[PDB]
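Next up: a structure with tacrolimus.
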Amino acid sequence: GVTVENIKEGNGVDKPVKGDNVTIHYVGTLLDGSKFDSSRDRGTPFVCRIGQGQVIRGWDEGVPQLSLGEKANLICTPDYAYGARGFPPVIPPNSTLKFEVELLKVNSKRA
Amino acid sequence: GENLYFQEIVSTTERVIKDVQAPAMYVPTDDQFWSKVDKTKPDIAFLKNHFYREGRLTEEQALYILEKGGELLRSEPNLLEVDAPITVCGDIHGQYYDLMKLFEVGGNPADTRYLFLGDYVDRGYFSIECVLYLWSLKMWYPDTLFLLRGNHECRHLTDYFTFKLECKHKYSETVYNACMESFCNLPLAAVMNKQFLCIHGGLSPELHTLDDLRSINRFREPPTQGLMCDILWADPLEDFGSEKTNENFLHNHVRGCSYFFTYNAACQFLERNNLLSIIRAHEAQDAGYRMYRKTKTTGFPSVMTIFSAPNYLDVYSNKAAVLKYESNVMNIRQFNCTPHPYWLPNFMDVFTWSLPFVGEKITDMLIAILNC
Amino acid sequence: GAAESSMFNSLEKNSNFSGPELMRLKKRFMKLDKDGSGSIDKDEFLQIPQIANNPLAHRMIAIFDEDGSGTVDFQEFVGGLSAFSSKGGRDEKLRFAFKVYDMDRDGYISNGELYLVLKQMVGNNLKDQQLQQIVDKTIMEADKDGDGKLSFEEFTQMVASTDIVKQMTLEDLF
Ligand SMILES: C=CC[C@@H]1/C=C(\C)C[C@H](C)C[C@H](OC)[C@H]2O[C@@](O)(C(=O)C(=O)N3CCCC[C@H]3C(=O)O[C@H](/C(C)=C/[C@@H]3CC[C@@H](O)[C@H](OC)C3)[C@H](C)[C@@H](O)CC1=O)[C@H](C)C[C@@H]2OC
Ligand SMILES: [Ca+2]
Ligand SMILES: [Ca+2]
Ligand SMILES: [Ca+2]
Ligand SMILES: [Ca+2]
Ligand SMILES: [Fe+3]
Ligand SMILES: [Zn+2]
């Protein structure tokens, strides 16, 4: 449902698991490349508890495929993003999202 | 009556973060808007701060700025003949607060001659401010400030991106349709100091002589193909100067329309039209500008790219640039971004942004109660 | 029982539920009330799994407590759930959302109220300066009488685009 494309290598040792607190910078683009949101817009990385339903299914299954420090391309089908409803003002229905993420921190271990 | 105080304490009865300025709540009056020196033009000094504080105009005020600027642009021909010295600027893309540092780096419009290559809207969430400001500037300095048309000064891309949403949000669709009809009056090219062709995009297989730019009917929307499209959309080939093809033009599979032009294509145009270089924008440069290969006849770079949007899209972390050109010396100055107020994606108000998460989590608990 | 009969027929007229449904709500109501005190305490609520790690737990309990006694009796338990009935009206669902941001229950949403409620849900993912700015613009666009506060009518004339009925409904429940 979600594909992980590697940009930059990680350490290949510290990978998130269910329950870990990750800190991720990202930039979200539609299939046409037009951006819809980015943590770098706000100059502050995004934090969440991965693998507990707190974020979309594309993240809850793709972040475990990362390692600390790795840059990646989370490409989520609508069934793993916002679906046939989409986000009312931002994400159109049936949209395939691309999150270019960078795993800056897992729990408290900095990269 | 309930009064809540949260623990150094703070109550709900006042603004929590005070160091951040509040927006301009009140539309300007007739004394604020109209200049005291000329009663037919806005006050640049007031507008600059009013827009800086995220202020807004009356619908009548915005329309007057777009229609009085449009009358000036319409009288100007398609191909401008501007004179040195001059400051040539690249894309600004709705980044109003960087446009403020641009004018400090390039010069005060009263003492300086400007040439923008278009792309004043979209991407940035302050696009109507850049337009209403520069259009007001055109009213004060119509002989010294010249504005050109980019591929975004149309109905096609503004509807596809963020500018049509912004006008609908900060003003009305009447302003938007007024903004689009005003864009159709923008000149398409410029010949600076009888040496450099100044456009937004690039060349075209239908662009042979400058007389072909003079024959364009610029009072329409950019077409799907042809001269008027490629002028605003064409890019230099990736391996420009180092090309592995003897072709003069190739299809632009990156933009989805128009063409790539090659070094041999640029040189032929400069040699036939007795020009020194091509000054354009379009492509964001990490260093704010980019010099392309030098011509075999004059040694001057065949193409120059100028980008004036620093920290493009708030993610690129690139530099901007302006072309301070005199005949003796060519100085390219670079500047860095400036903090701007925050907007939620697509001008979302707070409640549209937060209710889905509230509607989900409140529902999560109610379901958990019904299954004890 | 004449005592319980008065509270039953009363709730059958105000709530969007029916008699048979109110019996099932009384069942789960007593299933949480572990100390049999006739009400639910905040520690009794947070004793549930999904409720504990929920950023809107304290908001939900506060809205259920219509009188403000720190406890949710059955009359309040039924009142809070009625808004989420599939047979419930549109205006009922909007009022529950309004009460999420109206902490002092004074009928208006203020700059401080909005900032505090959001920061609790948002966290550090937004800078404090960024949340204050987007709160400033949201109020001035929604305010139409210049009071600097947001009434329920100004809140409805702003979330008209949002479909709250889909957000605030259970349907299969009860
Ligand atoms: C103020 C309180 C709200 C609270 C807002 C924040 C903490 C700020 C946070 C940076 C969100 C951004 O705010 C600028 C903005 O980020 C996006 O642009 C975006 O890049 C995105 O897709 N992200 C954000 C990064 C993690 C993945 C994904 C997400 O999982 O987002 C999650 C999401 C929306 C889940 C929905 C919930 C509703 C369900 O119905 C739906 O189920 C299909 C899934 C977010 C993190 C929620 O858990 C928490 C919130 O919503 C969304 C396009 C819209 C979203 O604004 C909401
Ligand atoms: Ca109890
Ligand atoms: Ca009570
Ligand atoms: Ca209040
Ligand atoms: Ca009000
Ligand atoms: Fe551009
Ligand atoms: Zn462009």
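Note: chain IDs run A, B, ... matching the order in which the sequence lines appear. Chain A uses the PDB entry numbers throughout; the residues present, in order, are 2-112. What you see of chain B is 25-31, 37-401, where the numbers are those given in the PDB entry. So for chain C, numbering is the PDB entry's, and the shown residues are 2-175, in order. Atoms within each ligand, like the ligands themselves, are counted from 1 in listed order. Recorded method for this deposit: X-ray crystallography, 3.3 Å.
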Drug placement: tacrolimus: ligand 1
Most-contacted chain near tacrolimus (ligand 1) (per UniProt): FK506-binding protein 1
Contact chains, tacrolimus (ligand 1), heavy atoms < 4.0 Å: A, B, C
Name given to chain C (PDB): Calcineurin subunit B
Ligands/ions within less than 4.0 Å of tacrolimus (ligand 1): none
Top UniProt domain of chain A touching tacrolimus (ligand 1): PPIase FKBP-type
Site residues for tacrolimus (ligand 1), heavy atoms under 4.0 Å: A:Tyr27, A:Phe37, A:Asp38, A:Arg43, A:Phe47, A:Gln55, A:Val56, A:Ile57, A:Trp60, A:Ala82, A:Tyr83, A:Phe88, A:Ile92, A:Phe100, B:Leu373, B:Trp382, B:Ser383, B:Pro385, B:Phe386, B:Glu389, C:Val123
